[PDB]
Structure formats: C-alpha cells, structure tokens
Colleague: 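I'd like to ask some things about the structure below.
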Amino acid sequence: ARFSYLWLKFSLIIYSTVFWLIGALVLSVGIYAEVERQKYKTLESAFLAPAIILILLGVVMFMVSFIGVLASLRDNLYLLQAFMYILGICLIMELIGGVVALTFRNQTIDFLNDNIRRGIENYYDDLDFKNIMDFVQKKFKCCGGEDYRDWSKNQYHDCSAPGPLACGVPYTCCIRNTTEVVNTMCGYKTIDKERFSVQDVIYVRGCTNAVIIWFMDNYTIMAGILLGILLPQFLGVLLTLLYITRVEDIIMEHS
Amino acid sequence: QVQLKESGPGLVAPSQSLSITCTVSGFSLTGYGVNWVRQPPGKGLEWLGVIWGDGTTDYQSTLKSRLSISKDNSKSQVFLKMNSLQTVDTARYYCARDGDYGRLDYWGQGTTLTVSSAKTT
Amino acid sequence: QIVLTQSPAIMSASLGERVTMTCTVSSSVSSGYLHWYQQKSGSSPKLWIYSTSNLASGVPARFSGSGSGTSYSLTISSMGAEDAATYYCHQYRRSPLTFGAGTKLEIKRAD
Amino acid sequence: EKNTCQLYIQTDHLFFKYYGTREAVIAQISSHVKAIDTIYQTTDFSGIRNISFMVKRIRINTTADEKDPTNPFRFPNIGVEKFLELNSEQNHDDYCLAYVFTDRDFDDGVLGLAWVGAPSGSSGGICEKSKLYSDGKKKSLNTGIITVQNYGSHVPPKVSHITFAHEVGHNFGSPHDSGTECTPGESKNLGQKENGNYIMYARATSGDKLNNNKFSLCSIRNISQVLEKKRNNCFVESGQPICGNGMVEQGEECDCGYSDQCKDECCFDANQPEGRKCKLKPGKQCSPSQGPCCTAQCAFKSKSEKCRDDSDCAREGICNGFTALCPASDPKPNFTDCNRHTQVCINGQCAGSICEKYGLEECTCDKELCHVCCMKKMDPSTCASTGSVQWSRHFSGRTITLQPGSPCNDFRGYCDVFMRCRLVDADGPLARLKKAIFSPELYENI
Ligand SMILES: *[C@@H]1O[C@H](CO)[C@@H](O[C@@H]2O[C@H](CO)[C@@H](O[C@H]3O[C@H](CO)[C@@H](O)[C@H](O[C@H]4O[C@H](CO)[C@@H](O)[C@H](O)[C@@H]4O)[C@@H]3O)[C@H](O)[C@H]2NC(C)=O)[C@H](O)[C@H]1NC(C)=O
Ligand SMILES: *[C@@H]1O[C@H](CO)[C@@H](O[C@@H]2O[C@H](CO)[C@@H](O[C@H]3O[C@H](CO)[C@@H](O)[C@H](O)[C@@H]3O)[C@H](O)[C@H]2NC(C)=O)[C@H](O)[C@H]1NC(C)=O
Ligand SMILES: CC(C)CCC[C@@H](C)[C@H]1CC[C@H]2[C@@H]3CC=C4C[C@@H](OC(=O)CCC(=O)O)CC[C@]4(C)[C@H]3CC[C@]12C
Ligand SMILES: CC(C)CCC[C@@H](C)[C@H]1CC[C@H]2[C@@H]3CC=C4C[C@@H](OC(=O)CCC(=O)O)CC[C@]4(C)[C@H]3CC[C@]12C
Ligand SMILES: CNC(=O)[C@H](Cc1ccccc1)NC(=O)[C@H](CC(C)C)[C@H](CSc1cccs1)C(=O)NO
Ligand SMILES: *[C@@H]1O[C@H](CO)[C@@H](O)[C@H](O)[C@H]1NC(C)=O
Ligand SMILES: [Ca+2]
Ligand SMILES: [Zn+2]
C-alpha cells in the first residue's frame, strides 16, 4: 500500500509536468509562428495554417496537462477525475476520427485537398506552409494536393495571370536528380498540358495521395507514429486509474 | 445486280408541273449520289442536278428555279420535280448514279417526256 | 465554270481502222475524274472508260484512252463494226457536271 | 504497315450521358488515345522502337439512341462477358483494334475486358479478321471493352487511360504480370515497392506510382512476339492518308467523319464513293473545317471579315476570299509594345525587353530591383531604371513594373504584386527557429 502512493504519485506528477513543458513549448512556437506569419499576411483565406495547427495542439496539450498537474499535485479527486475523463475523451475522439476517416475516405481526402489548395493560395505569403509544402513535394515526389493542376489556384500560377509562372508548377515539382542543378524554369508551362505529357519533367501525383501511399508503404513507421500519438495518452489514463485506486485506499485508511 | 429504273408521266401539259421517280436498287442511297441528266431528241446530254448521299443538292444554274430533287433513303427512291415546262423541255430523262470519282457507271432506261397542249390522236 | 470541248464532232471511219476521239477541257482537272460513255442511238449511255485509263465491265480491250490536265483522248485499236454510237466525255470534279457535245461516229462504207 | 494501329473506338449512351456533349466525349477519347500512344511509343517492344495509335472513326452514341430497339447496348444491366461479345459481334475487319467505351458498373468491379493476343495460334487480338469461331457467329476478336466507373464511382482519367493501356496490351499479347521481377508492388523491397506495379496487373493500379504508366519487361517481351508475328498485317504507316478521322491532311480537301458523324453540307463523308470521299462537294468552293474564315454556307468570305482578334503584334488579320486559310498576320511596326510595357515586338513576336524600343539594352539587375533595368548601350555607365531622371526623353518618367512572378537578383527571387521581390528559397518561421537552435547557439546568442 505504501509503495503504491509514492511511485504512482511521482509517475503522474512527472507525466503531467512533462506534458506541460511539451505543450508550453509547442504553444509558444505556434504563437511565435502566428505572429511572424500574420506579419506577412496579405490575402484573407480560410487556411488551416501550420501555425494555427500548432497553436491548437499546444493549447489542448497545455490545458489537459495543467489539469493533470493540478490533480496529481494537491491530490484532488475532482481534478483527477476530470483529467481521467478528458484524456479518455481525447483518446476516443481520436479513435472515432480514425474510423470516420476509414469510412468516408473519399471526402476526407477531398477536405484535405481543399485545405491544401487553400494553403497553396497562401503559398507565397505563408512561409511556414511554403517550406512544408516544398519539403513534401521534394521528399515524397509529388506536386499539389491531388495533382499538379491544383497550382492553378495560386495567383502567380494561373493561366490568367500574366507572370512567367502562368499555370506553371513551382520549381519543386520538377523531376530533379540529386546530382543535378535546380532550375526555376523547370515547371513553366505545365498545368495546361495533359498529365502524361509532363510526367518526364515534373512530379504529377498529388502530395496527399503520395503521403497515404508512403504510409501504406512504410507500415512500420505508420505504426510507430500512431503508437507514439495514442499510447502515451492511454498510459496516462491507466496511470490515473492506478492513482485513483491509491487515493481510494488513502481515503479508506484515513477513515 | 444493281439497276436503276425511272417511271415517268410521258405526256406533260405545257406550264404544268412534272414528277419523275427513279426507284433505285442495289446500293445504299446514303453513300451514293443519283444524278439527273436529260437528253433532247437526237441531241447532247444535258445536266439538271444531283442529290447526294446526305440529301444535299446541286442543280444546273440555268434550271435552278424550276428544278426540285428529293429522296427518301429508307424508301430507296429518288424524285425529280419540274415546274412550268415550256415546249423546249421535251427530252429523255435519265437517272444516273455518281459512282467512284464522279463516274456515272450505272444508268436507267429513261422516260420519254412529251410537252404539248395537243390531245391524243 | 468548265466546258468539255469534244473534237471531232462526226467520226466516219471504215471497218477495222483505228479511230481516235479527243476531249479537251477548259481548265485542267484530275486525271481520274474524266470518263467516257457511248450511246447507241436509243440506249442509256453506258460507262466505257473511267479514270481515263481503266476500262469498264464487259467492254472490248481495243478502247485505250489517255490524257492528263487540259487535253484528254480515247483511242480504238481496231474499229469494231458495232461501235456506231456517240461517245461522251464527262467530268464532275467541279460544278456544273458538264457533258461533252458528243462526238458522233459513223461507219464509212461503200458509197 | 510499319508502326501505327488504327482504332475503332465507340462510346455507349452512358458515356455521353456523363460527359454531356459530343465535344467532351471526343476530348476524353482523344485524351485516352494520346495517353496510350505516349505509353506505347516510349516502351521499346524489342522488335519496334515506336508503336503509335491513330483513331480512324470516333463513333459516339447519343442518349436518344437508348430508345432504339435494335441497339443491344441500351440495356442498363449487362454482363462484362456479354458486353465484350457484343463488341466482337460487330464486323471489324478494317481496324487494328475496336473498343467500346462505357460508363456502366460491371460485376466484381472489373474495369473492362479485352481479348488476349498470341504470336501463333489462339486467334484473337490485334490485326484479327472476322472468322466463324464457334457458337455459329462470326466474331471479330480485335475487340475490347472499358468502363470509366467501378462500384458506382467514376474512374479518374489517369486510371481510365491506364486500364485502356491494360486492355490494348492484352490485345497486344501481354498477359497479366507475374513474378517478383515484373510485379514490384508486392515485392518486400521498399525501393522497388515504391515504384509500383506495371500496367499489366490483374488489379487496377492507383495510377500514382512510377511504374503505373509503363509496360513491364514481361509484358514488353510478350508484346514483342505478337508485334513480330502480326505487326505487318493490319498496321499502317505513320501519317498515312486515312480520312474520316476528323483530321484534315494531304490527299484531301476536308474531313467530316462518316455518315452519322457530322452535319456539314459541303464535304463528302466517308461512305461516299472512292475519289469523292473526304473532298469538297462540286460547287462548294470552301469548307469551314479547311479554314477559320469560311462561311457557314461554305463559300469564301469577303474582305470585310477578319479571322483573328487583337494580337500582341497584329491588329486582326484579313483573309478575304482567295483561300480558306487565314494568311500570315500583318505585324505591327518595329518596337511596338506588348503585355504591360516589358517587351516590344520585332518580327511578329515580342521579345528582347522594352528599353530598345527607344534604344538601349536591358540591365541585368531596395524596391528598385523589380520594375525594369536598362542602361545606355555603351556599358553599364548608368544602369538606372526606366523611371530614373537619367531617361527624361525615352520613358519620360513612366515606370514599368515587371510581371508579378518575374525574378529579381538573377534567379534567387520573385517579384510580387507590390513592386517588391522576396527570395524564392525563403526562410520561414519554423525553419528559422530550427536553424537558430541547430546552430551552435551557445555562442551565437550570447
Ligand atoms: C450504338 O448504337 C448503334 C445503334 O444506333 C449500335 O449499332 C447496332 O448494332 C447492332 C449489333 O451490334 C445491330 O444489330 C443487328 O445488326 C445487323 C443487322 O443485320 C446484324 O448483323 C447483327 O448481328 C446479327 O447477325 C448474325 C448474322 O448471322 C445473326 O445471325 C445474329 O442474330 C446477330 O444478331 C444484329 O442483328 C444494329 O443494327 C446496329 N444499329 C445500327 C443503327 O446500325 C451500336 O452497337 C452502338 N454502339 C455502342 C458502343 O453503344
Ligand atoms: C510473358 O509474361 C509472363 C508473365 O505472366 C512471363 O512469365 C513469367 O516469367 C517470370 C520470369 O521472367 C516468372 O518468374 C519466375 O521466376 C523468377 C526467377 O527469379 C521468380 O520471380 C519466380 O521464381 C517466378 O516463379 C513468372 O513465374 C512467369 N509467369 C508465368 C505466368 O509464367 C513470360 O516470361 C513472358 N514472356 C516472355 C517471352 O518473356
Ligand atoms: C476534453 C473535453 C471535451 C472533455 C469533457 C469532459 C469534462 C470537461 C467534464 C464532463 C463531465 C465532468 C464530470 C461530471 C461529474 C463529476 C463527478 C464529481 O464527483 C464528485 O464531486 C464526487 C466524487 C469525487 O470525489 O471526485 C467529480 C467531477 C466530475 C468527474 C466531472 C469532471 C469534469 C467532467 C469529466
Ligand atoms: C486530422 C486528425 C486531427 C484527425 C481528425 C479527422 C476528422 C476531424 C476529419 C476526418 C474525416 C472528416 C470527415 C470526412 C467526411 C465528411 C463528410 C462531408 O459531407 C459530405 O461529404 C456530404 C455529402 C456526401 O455524402 O457525399 C462533410 C465533412 C466530413 C464530416 C468530414 C469532417 C472532418 C473529419 C471528421
Ligand atoms: C478496379 N477493378 C479491378 O481491379 C478488377 C478486379 C478484378 C481482378 C481480377 C478478376 C476480376 C476482377 N480488375 C480489372 O478490372 C482488370 C482490369 C484492370 C486491372 C486494368 C481486368 C480483370 S478481368 C479478368 C480477365 C481474365 C481473368 S480475369 C482485366 O485485366 N481486363 O483485361
Ligand atoms: C522589324 O525589324 C526587322 C529587322 O530586324 C525587320 O525585318 C522587320 O520587317 C521589322 N518589322 C516590321 C513590322 O516591319
Ligand atoms: Ca483524315
Ligand atoms: Zn486483363
């Protein structure tokens, strides 16, 4: 009985404080990204920015973990129960999100592509999304959201636009060997012509499909990522059950 | 074999309309054009007009106003209608098929056309 | 506008000779678009030569036409006794379909 | 009879119903033909280094055809086997291959079906003539079907013209891929698996992998036997004169298609006799398909009409009545501007920048880096821009902003809509944070 309180209390306190520090760090990074991006914001689009994603994730982690801290320390049954149910709610919410994606794959891919197209509308004004998009378009060998043609959404990459990049994919979609020099003009005059005519100059497949294809292709990595996302929360839930049992023993002995 | 035959009234009252039918057989009229060439008694061939495989027509410039050629692809019959034929209109009216390279390979027997206000005797 | 001038108008050739028939067009037309029909004074004009080099079906081989461009011709190796007919030179590459004036033929016999 | 296969592609009423217009159907069909030609031309089929395709009759069935009682393709429910059989029941001796494009769902979600070719024996495939076969009916087995929907969802065009390649490959004598060397999708090697399976796969590839558009070594070797035993039987020379495909070329004056293809009233269709087919009707001196300035009543337009609209180097272009083709555009004078004022025209196209219109050469070339830069031709003595006071007689004081997107500073930038240019490489907040931390920040901060 005595060995239960010390180890469970220290485990819950350490878990909650580590998640507190991680959430604070990621929320601060997201807030800094929001400030430095809204500095350069020019066009109003309903874009799910990476900075906004970081802010939301950080605030969720920070509040949940702070509830966990104020429970584990100060040893409050009310806050411990709130921490338990909040962590469990987050777990079941992530699970139902997974199952609803596995069900409505077609229009969740549609939603992802809509968000990616809105992002490439702010491609040149949101440098965070710019860097992430070029990194994906390089490593994953892809262009655009669902194809190379979604780059027509961007103002500088429209056939109606008068610039040199008029309906031409960026310099990251073009096929480029590692032992080669990058040319900006690689993707010029590409969107209008058919998919197969540009298979030998630029990457044609979208980056959403490329990402899902890689995840299916690297199921060890996908399993590792999903475990690292879910299992810590499950461990927190189970540890909270154990501390609930310990504190129940504590109140029984105190009475 | 492939044959063309023309049925004609023979006797035509002056300034009264004419109708000749060339009931073709052996070919699809949708892919062949049937011409209409008349011949005065002991004279040279004269061209009236044609109806093509798609129903288009192209008449002689001097007989455009009076000429009228129609056909029914399913019925396989070519119809030639003339209006207000004077005394000079008398001729032998042949229907011919526009074969390969415009050749008039297959012809019909033809109908003698007599225009005269006089009665029988 | 095209006019198919056929010369000479009246052919008088004795039996077994070689008689030629000339059709001259106003403007040059394709070689394969000109043809020849005979009319035996009371019969439908039957196709005789098409494309000016290929004979029709059921015809003698003595008929050998030729020509290209502005002048065309029809040649007979041996004048057959049944050849008494008006041979017509014809084209329909361009409107209007213009038949020749008709080069009539007669068998030059004893007076 | 060297390298080209003539296709007889037909579309059922559901294809038209989905695509709505004859223009959409013909555009999709030409896209499929172009995709399959691109697939086959690059694949060196051992014997031949180029095998092109050229559709000869694009026959499209309108929705109104559904009411026709003698048309058996109107049945909403029909088996894939039965569909392919009815495609083969028609006479197709005059075609290298004959395909039916449909938009109907098939049992088990199959994306189509073709007939397997063979080098010797086993009649069926490319260059196949009609023969009695069995069942008492003469079937032309140079036939294949394809559907653009499976499980009630329309198939995207990448997958559609990948399964078209699949069916023609089966017609070409290539069976379904087998073995680790020719099916890399199932290979446990990650490098090969990311490439994806080839076209000749029993299951339809997603079309998003590298090998999904290419023929395998197995399939290429199989196609080599068929293309060495039956190529010089029904193939045609590249660019051969074959009218009725809707493409005007040498040896013809105009093209319409077949009898039930076009409504043109001044050009002979294909069913017309030899010599007249695909030629202008006698009397109709021009065709709208021949040139863009021909009357709908098929006569040469007068001098009043102008073919083209306003151009960057010509006003309108006048053809009048002497030829169907509109002649070369009448160019605007030398040093005539084009889009914005960045370049000027010389020989019918505008290039060589703007500043030589009044005479000077463009400079290479903080907001003064984005509009236009040009100096007096005698070396960069004064590399000042257009609006600078040093040019007070040529550009007066007018400044010419570059196109939004045109790079500054060689090619490490890009002009925006605000006469400025940011670096194309960019830094980004998160990447700046990473570089500020991954660097030896212990001495970089203090
Ligand atoms: C687009 O619509 C067209 C109709 O508007 C379809 O064409 C139809 O095709 C069918 C068959 O493919 C055809 O039916 C008959 O056609 C022939 C008439 O004689 C006949 O030969 C056919 O087959 C018969 O022949 C053997 C000979 O021994 C018989 O023993 C058999 O009984 C066998 O059935 C068949 O009876 C229609 O006539 C034809 N319609 C027209 C107007 O041409 C296209 O198939 C359709 N295509 C697509 C892609 O939708
Ligand atoms: C035409 O395509 C055929 C594919 O169906 C192909 O047959 C396949 O050939 C491969 C070898 O090239 C066989 O693979 C076998 O051997 C390799 C050797 O490492 C391994 O992957 C396996 O042991 C495998 O068993 C396939 O099994 C074979 N498939 C079939 C159905 O026979 C033909 O070779 C092709 N034609 C030509 C002329 O090459
Ligand atoms: C992540 C978000 C969306 C989750 C939402 C759930 C919580 C914010 C709420 C919903 C229901 C609440 C619970 C409703 C009832 C109670 C019983 C209550 O019990 C007592 O007061 C006596 C028992 C004891 O000693 O704890 C303690 C708080 C608790 C668990 C509440 C804590 C806060 C909860 C879990
Ligand atoms: C990315 C991480 C944080 C997981 C969270 C995923 C969910 C927030 C996503 C994944 C699946 C998405 C859904 C996928 C499909 C639909 C159906 C869609 O409606 C239709 O398509 C209706 C018309 C039709 O039936 O076709 C509206 C959006 C919605 C609810 C999406 C809402 C957002 C969802 C639940
Ligand atoms: C999305 N749809 C599919 O993946 C179905 C699934 C399937 C596989 C095998 C058998 C039945 C169905 N495959 C196809 O549509 C194939 C066409 C695609 C792969 C291009 C189809 C398989 S039909 C058969 C012919 C002989 C035995 S089986 C095909 O190769 N025609 O030439
Ligand atoms: C423009 O100048 C070139 C000489 O470089 C000349 O050939 C051309 O004709 C000029 N353009 C016009 C429209 O005269
Ligand atoms: Ca053609
Ligand atoms: Zn197959």
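Lettering follows sequence order; numbering is per chain, from 1. Determination method: electron microscopy, 3.3 Å. Counting convention: from 1, in listed order, for ligands and their atoms alike.
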Colleague: Could you check which drug is at ligand 5 for me?
Modeller: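 You're looking at batimastat.
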Colleague: I'd love to know the main binding partner of batimastat (ligand 5) in this entry - how is it named in UniProt?
Modeller: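 The chief chain, as UniProt names it, is Disintegrin and metalloproteinase domain-containing protein 10.
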Colleague: Which other chains are in heavy-atom contact with batimastat (ligand 5) at under 4.0 Å?
Modeller: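 Within the heavy-atom cut-off of 4.0 Å: D.
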Colleague: Provide the organism that the deposit lists for chain D.
Modeller: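 The organism in the entry is Homo sapiens.
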